[PDB]
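Depicted below, miglitol in association with Glycosyl hydrolase, family 31.
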Amino acid sequence: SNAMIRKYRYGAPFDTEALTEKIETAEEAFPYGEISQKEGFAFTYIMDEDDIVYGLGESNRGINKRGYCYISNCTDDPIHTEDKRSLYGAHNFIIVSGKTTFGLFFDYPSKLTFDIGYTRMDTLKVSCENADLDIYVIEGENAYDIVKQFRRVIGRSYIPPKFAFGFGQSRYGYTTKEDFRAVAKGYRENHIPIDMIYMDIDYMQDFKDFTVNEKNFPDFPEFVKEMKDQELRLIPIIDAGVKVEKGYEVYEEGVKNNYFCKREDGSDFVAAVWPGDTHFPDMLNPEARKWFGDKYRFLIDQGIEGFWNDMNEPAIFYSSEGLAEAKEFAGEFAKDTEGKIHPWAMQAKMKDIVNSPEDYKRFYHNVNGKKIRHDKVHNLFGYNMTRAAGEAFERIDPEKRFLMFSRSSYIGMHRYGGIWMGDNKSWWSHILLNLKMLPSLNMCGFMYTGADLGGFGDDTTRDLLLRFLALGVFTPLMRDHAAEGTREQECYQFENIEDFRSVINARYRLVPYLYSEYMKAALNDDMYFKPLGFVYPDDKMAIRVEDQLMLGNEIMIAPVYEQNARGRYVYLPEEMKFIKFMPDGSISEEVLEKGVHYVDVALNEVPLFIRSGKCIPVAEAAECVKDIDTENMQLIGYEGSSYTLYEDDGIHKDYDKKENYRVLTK
Ligand SMILES: OCCN1C[C@H](O)[C@@H](O)[C@H](O)[C@H]1CO
């Protein structure tokens, strides 16, 4: 069993349950580089100058990770600039690819530093404070094989309901029924396809998890039905923090049953987030997990079929301890007359209390009757929150798939939900960031993923949103989302709405193909998006391409990500058909041979490339997933080619039936 994977154990590792496959502890010396326990733990490896390093799932910068530093330490940071070392995810899988090729999974739940050529260009160094971890070494002939080995042992990826392959609209600010009705009307009356509207935190009663503002929604199930009758499914948010409030059932049950994270003295740790003071459910405690997950029944019973989990790093605006320190410092500042306490020292203190490393040392988890300080298992919180929900869905309705995705994650969580790429910005560079994160996430098991289209923070423009949407066409999560106070970002808020209808039409025409590829990849522990080097390993030009991706085994995508651009350069590793969905509803095709090309792609055109000897089915445009006609779709691509289409009811879990597959021949 497991010939190509070995597990090297150091110290007394916390069981993260990342792997579903049990691997015995190897007894020989670590097989690559050098291991040191002199100062905590460190792995050091000298790379060949041609080596490529893949992996790290949701992390900064590019597909080839060489040339910077990455720290796995789930952090709420809304400014994703090139300098940042830590985002929301901790995905500790890397592959060194070159003359010598191997994969490593560092199963460690705390702060883990990947120095990938940052300090010295030839040096890979992975280090942490405590030598209590399992390291899995995965052997293979090439990077792709190694990923496929890893994907097997971590267990099958989460599978969403088919409606989740539609388009979704979201905004931090939708509050009332009139707000949601205006979104519904803005899309439906302009014939723009859409299947989901997300409800952000304002739908709750005073930000209380598992409540609904009954002044705004006096009969919430009727409203959910009003929307669902128009094939619009409401997707509400759930946050990590449970408001401290007398008589609020979730809070009262958590205190009484000791389901919250505690301080050293056993009192319930107070974290201030949106509701003000809150407690955090002890996500690492099975009983607390079951309790918290069960609460989703509150919304499910009202007709809700999907959720998103937010703030689950967990984010902290301040603790009671931090606020007191802050107010004391402020007092000294206010009465200084000697210029001893400067305004930036005050400013620094205010910043310091947010997501404070000290705060993460102030609370504990109850695991196996043992108290574990949170910092030591920090990266497992978001993971276990989403696990709580996922495990509850199986108890609540085991026949049914629910839409579920989370902000923070760790490998293992991919079994229970997807992720969205968090708080990006209305920056052109974030289209590229969205693109590059995709294959890396697929390597670590996270297939259902995407970014806030148009950009979350700051102000978008008509053309940025259109180019963002055109990449979104291909990402399983396709959601336009925007921050409070930003320029309105709904498709109907711009001139010439027909261009938005055109781009989102392309998504819906491609839904049968994209869903089919997702399912075939998920069911077979394979990738939906792949770097070119996985498909064309013998092409030195191909292995270094980072702004094109292969999807399934049929197509390649290459989005435009420059403002004012009317096309872009591409490298084709084999002959392909260059395809564009045109604003008049037609599909243009042009055969292009292997090599470098500049392709013209207008703002309202959606491009893709179909590989030699392949074809894909394309449906006529429909305005919701339910209405897509998959009976005799048109086949686009090469004569003589065939395609195996996976199709099921999109709702239940009857995956292994011959009726789910049909061969289409062009
Ligand atoms: O502190 C902010 C909390 N949230 C962060 C999420 O990333 C974002 O998508 C969401 O709109 C927002 C409000 O719910």
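In this chain, residues are counted from 1 in sequence order. Quick note: numbers below take in every heavy atom, side chains included, and nothing from hydrogens, waters or symmetry partners. Note that ligands are numbered from 1 as they come in the structure, with each ligand's atoms numbered from 1 the same way. This entry, so its header tells us, was determined using X-ray crystallography, 1.7 Å.
Counting every copy, the structure places miglitol at ligand 1.
Under a 4.0 Å criterion applied to the non-hydrogen atoms of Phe456, miglitol (ligand 1) contributes the atoms 8 (C), 9 (O), 11 (O). Contacts between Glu484 and miglitol (ligand 1), counted as non-hydrogen atom pairs separated by less than 4.0 Å, are absent for every part of the residue. For miglitol (ligand 1) and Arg407, the ligand atoms under 4.0 Å from any heavy atom of the residue are 5 (C), 6 (C), 7 (O). The nearest protein atom to atom 9 (O) of miglitol (ligand 1), hydrogens excluded, is given as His481 NE2, 3.0 Å; this is a heavy-atom distance. Neither the backbone nor the side chain of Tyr198 has any atom closer than 4.0 Å to an atom of miglitol (ligand 1) (non-hydrogen atoms only). Ranking the protein heavy atoms by distance from atom 11 (O) of miglitol (ligand 1) puts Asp200 OD2, 2.6 Å first.
Set against the non-hydrogen atoms of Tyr172, the atoms of miglitol (ligand 1) under 4.0 Å away are 11 (O), 13 (C). With ligand atoms numbered from 1 in the order given, miglitol (ligand 1) contributes 6 (C), 7 (O), 9 (O) to contacts under 4.0 Å with heavy atoms of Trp420. Scanning all protein heavy atoms for the shortest distance to atom 1 (O) of miglitol (ligand 1) gives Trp274 NE1, 3.0 Å.
With hydrogens left out, the protein atom closest to atom 7 (O) of miglitol (ligand 1) is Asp423 OD1, 2.4 Å, a heavy atom. Among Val273, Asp310, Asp239, the residue whose heavy atom lies closest to atom 5 (C) of miglitol (ligand 1) is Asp310. Applying a heavy-atom cut-off of 4.0 Å to miglitol (ligand 1) picks out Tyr172, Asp200, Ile201, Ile237, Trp274, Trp308, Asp310, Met311, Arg407, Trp420, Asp423, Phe456, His481.
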